[PDB]
S.K.: 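Below is a structure containing nevirapine. Please help me interpret it.
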Amino acid sequence: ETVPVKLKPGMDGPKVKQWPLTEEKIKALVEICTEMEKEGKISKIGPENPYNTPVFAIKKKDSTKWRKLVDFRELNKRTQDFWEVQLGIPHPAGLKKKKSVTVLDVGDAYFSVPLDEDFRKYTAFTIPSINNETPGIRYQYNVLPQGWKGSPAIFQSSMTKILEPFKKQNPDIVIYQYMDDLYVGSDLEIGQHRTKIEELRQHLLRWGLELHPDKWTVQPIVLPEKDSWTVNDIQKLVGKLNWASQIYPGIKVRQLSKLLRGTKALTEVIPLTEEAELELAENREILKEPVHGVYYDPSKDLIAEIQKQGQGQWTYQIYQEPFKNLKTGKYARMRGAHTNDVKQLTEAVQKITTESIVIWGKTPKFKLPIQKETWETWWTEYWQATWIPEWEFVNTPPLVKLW
Amino acid sequence: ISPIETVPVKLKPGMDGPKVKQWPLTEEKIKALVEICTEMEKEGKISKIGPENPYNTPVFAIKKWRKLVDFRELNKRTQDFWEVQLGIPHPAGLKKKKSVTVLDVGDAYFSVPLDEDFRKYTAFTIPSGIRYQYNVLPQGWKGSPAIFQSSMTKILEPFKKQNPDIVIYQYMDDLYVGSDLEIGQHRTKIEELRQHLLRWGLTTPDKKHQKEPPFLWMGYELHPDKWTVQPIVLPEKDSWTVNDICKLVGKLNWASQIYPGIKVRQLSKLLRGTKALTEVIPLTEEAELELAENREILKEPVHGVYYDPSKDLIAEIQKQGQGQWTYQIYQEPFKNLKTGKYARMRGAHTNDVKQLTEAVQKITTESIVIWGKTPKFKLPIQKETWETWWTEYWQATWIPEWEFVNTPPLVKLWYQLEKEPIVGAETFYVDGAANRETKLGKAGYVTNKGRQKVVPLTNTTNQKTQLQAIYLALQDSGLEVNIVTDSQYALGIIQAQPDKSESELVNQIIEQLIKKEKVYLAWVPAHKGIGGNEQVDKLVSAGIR
RNA sequence: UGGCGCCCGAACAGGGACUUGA
Ligand SMILES: Cc1ccnc2c1NC(=O)c1cccnc1N2C1CC1
Ligand SMILES: [Mg+2]
């Protein structure tokens with residue numbers, strides 16, 4: 001029996017417009033959508049369904065086969081009440097403390113159960129046609145769609161019994177699925193952890209279905225250290241500390257600014273006095289400690305900011321209120337060959353959200369330092385995650401970019 | 001003989017069908033309407049309902065008399081439909097077809113049966129009333145285009161499946177059938193399609209009435225082997241009005257996609273601050289030559305070519321000054337698939353490199369829309385200059401693929417701010433304040449040598465005061481300066497390195513910045529007693545606070 | 001009568017910079 005699904009009160013079906021796709025993506029989409037229709041996972045629809053959802057085709061990591069993903073963010077927001085209150089997945093607080101966490105993919109299991117007939121019309125999507133020479137082929141989901149936050153909520157009933165033999169044989173293993181993935185954490189050796197994952201995988205194939213959280217450490221702000229403190233260097237230090245005072249209430253720049261009383265050239269090496277040395281030492285001590293009074297609020301959606309420090313280095317901060325960074329880090333470049341910035345930004349976005357899912361269990365709202373057109377055109381090429389976070393495009397102020 | 005499945009149609013939730021009294025018409029209109037309805041009823045697409053059905057929709061005949069039924073109330077009450085073909089295919093994205101027809105399907109919406117449970121909602125009355133209802137899609141209805149398009153798509157599916165080579169395009173009711181085969185066999189294939197459609201009840205014109213190429217479609221002139229825009233005629237007159245320049249700008253924009261080197265920046269600029277259509281705005285000196293040059297571009301025929309999937313797609317961007325970029329998307333030399341222009345200064349402060357990147361984004365977005373692939377660009381910017389830009393920029397800019405073309409208008413960074421202080425230069429602590437109510441401001445600077453200066457400013461906002469203060473520093477100084485401005489807005493203006501700006505003050509600032517060999521722009525927080533900033537606020541804020 | 005592309009204007013919401021008064 002299909003589990004009834006209803007949108008939030010006063011909300012209507014997602015009427016989003018499909019973003020244009022490349023020839024390779026459209027050809028792949030038609031190749032796999034036709035097979036899905038043949039298998040009954042999806043079915044064609046007429047022009048009486050005004051609801052559409054964007055569709056993008058991606059190549060999964062360490063794979064060459066195209067993997068369709070549907071931008072169900074808008075539908076997730078519409079069904080927020082259902083998948084957040086009616087049916088929800090508790091977040092294990094111990095997952096972020098596990099030595100090794102592996103992000104499995106159990107999204108193919110959602111196709112094994114049907115979708116409520118009254119809700120299928122909201123899952124409709126359109127496959128664009130090159131140059132619009134022919135009308136885009138329109139389909140709808142007859143089974144729990146992948147990427148829709150209600151799918152794991154509905155499937156958790158069967159998931160609990162699927163994982164019960166494993167959760168009972170290995171009680172020390174913490175398992176938590178967010179959207180389509182399945183985050184498996186364990187305090188075991190890498191080789192043995194993979195062995196356990198292989199046993200779990202067999203437990204999933206029978207029923208028909210890498211991360212190091214302990215290696216994650218915040219990136220505290222560190223002030224520059226040098227013997228020759230020129231007037232410009234102190235001016236930058238004072239400005240940075242003044243901005244940091246908003247984040248850290250205990251930061252004071254009265255003594256440092258006392259040295260800059262008169263009008264002096266930016267290239268003048270002014271020596272630090274004992275009171276200023278103490279002032280700098282206190283600022284250093286404060287800046288190497290966690291922010292006081294900051295706590296996670298589940299009722300408030302996470303907000304993630306990303307800055308382009310240059311030379312392939314990216315710094316990010318996850319917060320719910322301004323100057324209340326819950327987690328600050330630095331995404332050292334992994335791919336790009338010193339020539340691609342959108343690919344690095346996409347990788348940073350995926351890593352940041354994957355960290356958020358492991359820690360807090362939700363995708364933060366991103367403030368990407370990129371043009372809307374550039375990202376909207378090239379984020380789909382380097383995307384390799386079954387989930388999609390919410391992002392917005394803003395201009396990064398120069399002062400907060402200094403980390 | 002129209003065995004076409006009827007698409008279910010459901011009314012909006014909580015709303016009932018239209019109930020509007022039909023306003024009486026003239027005797028001639030009534031006689032024409034009843035004659036048309038009687039014949040249509042004979043065709044079988046109209047039936048009588050009597051007083052049982054309470055819904056009604058008014059009618060009126062517009063001069064033979066063409067019956068029109070206004071479904072205003074029904075169009076705003078029926079469920080929203082998804083018109084998949086929101087856009088249209090650009091001719092450049094098509095492919096060279098040996099022969100093409102139009103097959104104008106007569107009675108397009110009048111051959112698709114309407115939903116049995118919805119026909120009672122399209123009811124209408126004819127004054128003596130003789131109530132009628134539509135058994136097929138009525139013209140002007142919101143759902144008629146989408147439903148008809150789906151019905152034709154399903155009708156064409158059996159034929160298209162068995163004829164992969166033949167390409168069929170339906171815009172509203174015309175079927176542009178491209179075959180690429182010989183004319184002798186192409187005609188036979190068209191006859192086969194005509195009979196196949198006739199099987200489903202749809203009627204098409206005889207081969208003797210088929211429109212010959214070129215086909216006038218959506219402003220284009222589509223020949224089987226080449227495409228062009230419709231004849232663009234620019235009015236030849238002196239007294240140019242806002243509405244007339246609107247026509248000139250729109251027509252030039254239409255011609256821009258094929259005709260190269262069309263500029264509409266000056267003419268568009270003539271539309272700033274103009275509301276009434278009767279304002280006789282004389283063509284300025286900067287725009288008259290531009291208009292004559294466009295007339296020179298449009299006085300000759302330029303014919304584009306069609307997409308060839310077995311060839312590389314190139315897009316050579318060019319710069320013609322004043323933030324105007326023209327690109328010629330071509331596959332073979334001097335065979336531009338479609339030209340274009342990107343004259344849009346996003347924001348009030350941008351440079352050539354950033355504008356070029358935005359133009360690239362526009363070209364990539366439309367190329368993907370039209371061809372589904374990003375062309376191999378040929379930009380004029382040097383490879384090192386671009387590297388210097390994107391590596392030292394705060395956005396995640398990236399150009400997919402592009403070589404270097406040595407066109408005379410090269411793209412370069414006119415000036416670069418020093419990354420470190422300048423030894424031996426003179427520091428300039430610059431700030432300004434503007435009165436809240438009197439709109440009178442001041443701008444000044446203080447240096448190590450003790451130089452002092454304050455220039456009264458009138459009708460200048462606070463931001464302009466900071467910008468002016470920087471301008472003074474750039475004026476009264478040497479070739480090496482360390483400007484210390486405590487306004488983040490000024491930093492945003494200068495650190496972005498804009499080649500040109502809408503405002504004249506910033507243009508003067510950048511003009512002076514270019515002259516400077518080494519310029520450093522520092523920053524200190526305001527109201528913190530840092531260096532000479534306090535001694536500057538003590539000068540530029542005397543009568544303002 | 002509606003839809004679409006472009007421009008100008010206004011009312012809107014949030015985000016950022018800044019000024020003054022309390
Ligand atoms: C207006 C239009 C829109 C889309 N495609 C086409 C056309 N019409 C043509 O005349 C045409 C010309 C050349 C190649 N394809 C064409 N066709 C394709 C169908 C053969
Ligand atoms: Mg000031």
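All chains are named by letter (A, B, ...) in the order of the sequence lines, taking the proteins before the strands, and each is independently numbered beginning at 1. We count ligands from 1, going down the list as the structure has it; atoms in each ligand are counted the same way. Both backbone and side-chain heavy atoms feed into the values below; hydrogens, waters and symmetry mates do not.
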S.K.: In terms of chains or ligands, where should one look for nevirapine?
M.R.: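 Including duplicates, the model places it at ligand 1.
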S.K.: In this entry, what is the main binding partner of nevirapine, named as in the PDB entry?
M.R.: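 Main binding partner here: Reverse transcriptase/ribonuclease H.
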S.K.: Which other chains does a heavy-atom search at under 4.0 Å around nevirapine pick up?
M.R.: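 Going by non-hydrogen atoms, B.
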S.K.: Which residues make up the contact shell of nevirapine at 4.0 Å, heavy atoms only?
M.R.: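 The heavy-atom cut-off picks out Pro89(B), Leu94(B), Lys95(B), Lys97(B), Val100(B), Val167(B), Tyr169(B), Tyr176(B), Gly178(B), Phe215(B), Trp217(B), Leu222(B), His223(B), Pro224(B), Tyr306(B).
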